[PDB]
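Co-structure: kanamycin and Aminoglycoside acetyltransferase.
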Amino acid sequence: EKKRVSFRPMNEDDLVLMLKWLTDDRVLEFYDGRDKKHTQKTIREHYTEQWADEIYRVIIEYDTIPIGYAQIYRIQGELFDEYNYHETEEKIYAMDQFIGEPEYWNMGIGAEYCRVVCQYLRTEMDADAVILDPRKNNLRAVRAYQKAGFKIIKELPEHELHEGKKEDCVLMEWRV
Ligand SMILES: NC[C@H]1O[C@H](O[C@H]2[C@H](O)[C@@H](O[C@H]3O[C@H](CO)[C@@H](O)[C@H](N)[C@H]3O)[C@H](N)C[C@@H]2N)[C@H](O)[C@@H](O)[C@@H]1O
């Protein structure tokens with residue numbers, strides 16, 4: 001009887017939603033940055049680019065309402081160097097995500113989405129670990145990920161250019 005967080009593959013029609021969310025300064029403060037001036041063209045170019053061999057773009061849904069976005073990609077090849085993550089034979093996925101409808105913030109939805117997608121990547125992709133790299137100043141997001149079982153592994157100084165500053169991030173990892 002409990003409402004469920006789910007996700008589904010992003011399709012071309014969802015680019016309308018993405019334009020709405022990523023021209024909303026409330027969202028851009030936490031994802032992409034308020035200095036980014038998105039258009040239909042930039043959204044298409046950036047959100048259909050296949051910059052990894054294995055990438056899934058998904059719409060996060062709560063009670064069938066589309067409320068956010070995630071990108072999930074297998075770390076392979078040069079992608080390991082982007083996290084100074086030592087390559088082994090383990091299968092590693094990284095993820096970025098945002099909730100674009102702010103009325104669904106601070107409801108535990110972020111942590112619950114993390115739990116659902118980790119169980120999916122484990123059971124359907126045999127993922128060994130899932131990694132995240134939130135900004136250190138986003139303690140809300142760090143706390144939410146830790147509640148979903150992501151362990152803090154190490155700090156990533158000057159990791160992410162965000163609104164004109166190189167921000168320190170936190171490497172976080174889920175295994176079980
Ligand atoms: N989490 C919030 C942030 O998430 C993304 O940033 C992520 C990059 O996408 C990843 O990089 C991959 O995508 C790049 C193109 O974007 C490629 O150049 C690169 N080779 C790819 O490995 C990088 N590893 C982690 C970083 N968190 C958004 O971009 C950023 O706006 C948003 O605020």
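FYI, the numbering just counts along the sequence from 1. Looking at the header, which is where the method is noted, we find X-ray crystallography, 2.0 Å. What's counted below: heavy atoms across the whole structure, side chains too, no hydrogens, waters or symmetry copies. Numbering of ligands and ligand atoms starts at 1, following listing order.
Only the side chain of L79 comes within 4.0 Å of kanamycin, judged by heavy-atom distances. Residue-to-ligand polar distances keep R135 apart from kanamycin: every N/O pair is separated by 3.5 Å or more. Only the side chain of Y83 comes within contact range of kanamycin, with a heavy atom under 4.0 Å; no backbone atom does. The PDB entry names the source organism for chain A as Escherichia coli.
When non-hydrogen atoms are compared, kanamycin lies under 4.0 Å from neither the backbone nor the side chain of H46.
Close approach of kanamycin to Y73 is summarised as follows: ligand atoms under 4.0 Å from at least one heavy atom of the residue are 10 (C), 23 (C), 24 (N), 25 (C).
Counting heavy atoms closer than 4.0 Å to kanamycin, residue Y31 contributes atoms from both its backbone and its side chain. Under 4.0 Å from kanamycin, not a single heavy atom of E78 appears.
Here the heavy atom of the protein found nearest to atom 16 (O) of kanamycin is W51 NE1, 4.3 Å.
Applying a heavy-atom cut-off of 4.0 Å to kanamycin picks out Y31, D32, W51, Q71, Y73, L79, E82, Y83, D96, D133, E160.
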Tabulated below should be the N or O atoms of kanamycin paired with protein N or O atoms at under 3.5 Å; can you produce that?
from	atom 1	to	atom 2	distance (Å)
kanamycin	1 (N)	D96	OD1	3.1
kanamycin	4 (O)	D96	OD1	3.2
kanamycin	20 (N)	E82	OE2	2.7
kanamycin	22 (O)	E82	OE1	2.6
kanamycin	22 (O)	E82	OE2	3.2
kanamycin	24 (N)	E82	OE1	2.9
kanamycin	24 (N)	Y83	OH	3.1
kanamycin	27 (N)	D96	OD1	2.9
kanamycin	27 (N)	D133	OD1	3.1
kanamycin	27 (N)	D133	OD2	3.2
kanamycin	31 (O)	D32	N	3.4
kanamycin	31 (O)	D32	OD1	2.8
kanamycin	33 (O)	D32	N	3.0

